[PDB]
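Positions are given from 1 along the sequence. One-based numbering, in listed order, for ligands and for the atoms of each. Computation of the quantities below employed the complete heavy-atom set of this structure, encompassing side-chain atoms and omitting hydrogens, waters and symmetry-equivalent molecules.
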Amino acid sequence: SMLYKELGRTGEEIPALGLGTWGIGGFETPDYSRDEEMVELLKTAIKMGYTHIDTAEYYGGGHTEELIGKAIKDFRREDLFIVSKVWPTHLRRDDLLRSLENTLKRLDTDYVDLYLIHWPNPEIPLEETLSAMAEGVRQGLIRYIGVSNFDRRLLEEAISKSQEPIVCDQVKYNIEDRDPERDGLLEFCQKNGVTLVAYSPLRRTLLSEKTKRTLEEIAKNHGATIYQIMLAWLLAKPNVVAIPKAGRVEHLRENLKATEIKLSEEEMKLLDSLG
Ligand SMILES: COc1ccc2c(C(=S)N(C)CC(=O)O)cccc2c1C(F)(F)F
């Protein structure tokens, strides 16, 4: 069963595992060769409880949003939490609103639940970008806004330049990548009502031997895989939600089961000490 957590200070709970859609319908460019199969995979995921869907305008060169737009027609729009993002070349006002409009056209929906700046662009003033996002909110095209790949100092700057609340910061965070801890970003989010959304929450390969050995012992004690332990570790943290890459039905089932794991206080301290 899906774990839910409050988003920001919105009073709204969202699935604490998002459905990562990078690669569905292509990566950087559109891939049409598996459209029927991919729509079926998206519907299967949503039916399992993955109603929080993470995508972006540049996923599959726009085709990922198109495939999501077909899959979601089997469901009530208000039951889904759809996240999209704008590429850093589109952060000027007119370009952002065009990116938003085209995202809504490809999704064939009237609004996105959450819209994020994918990556900061120092050349474009944050106040302009955030003011354009607020126009989208005022028009009913966006429910919530957030940022992605903003370190602590830039998140603070964004908060100071945003009319609307910044409800999240989506950053890379996993058992080996501790930049959000070392930056004080996780602590800032926990103390300021911002959800930290961990992408690449699983490190599937190239782990250190100390990490592998520690995860293997805890996984054994819980009858789980090391990937389930990596996810449970993130989900145990206040204000942390995770976006595993969907991939396939086996991953969707395994990751959903990771919400059933209750790590002990000893296990958490041991995992915390790996980075
Ligand atoms: C459009 O191009 C992208 C976009 C995003 C990425 C990402 C990221 S950060 N994501 C897929 C997650 C996201 O965009 O939210 C990781 C690696 C290569 C990428 C690439 C690229 F493959 F080119 F390098």
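The main partner of ligand 1 in this structure, judged by heavy-atom pairs under 4.5 Å and named as in the PDB entry, is Oxidoreductase, aldo/keto reductase family. Of the drugs acepromazine, amodiaquine, tolrestat, liothyronine, nateglinide, the one observed at ligand 1 is tolrestat.
Within 4.0 Å of tolrestat, judged by non-hydrogen atoms, the site holds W22, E28, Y58, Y59, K85, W87, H118, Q170. Put simply, atom 11 (C) of tolrestat has protein non-hydrogen atoms near it, under 4.0 Å away. Close contacts between tolrestat and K85 involve ligand atoms 15 (O) [criterion: under 4.0 Å to a heavy atom].
Residue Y199 places no N or O, backbone or side chain, under 3.5 Å from any N or O of tolrestat.
Near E28, meaning under 4.0 Å from one of its heavy atoms, tolrestat places the atoms 2 (O), 21 (C), 22 (F), 23 (F).
For atom 18 (C) of tolrestat, the closest non-hydrogen atom of the protein is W22 CZ2, 4.4 Å. Close N/O approach between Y59 and tolrestat is found [any backbone or side-chain N/O within under 3.5 Å].
Checking only distances, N149 never comes within under 3.5 Å of tolrestat, N or O to N or O.
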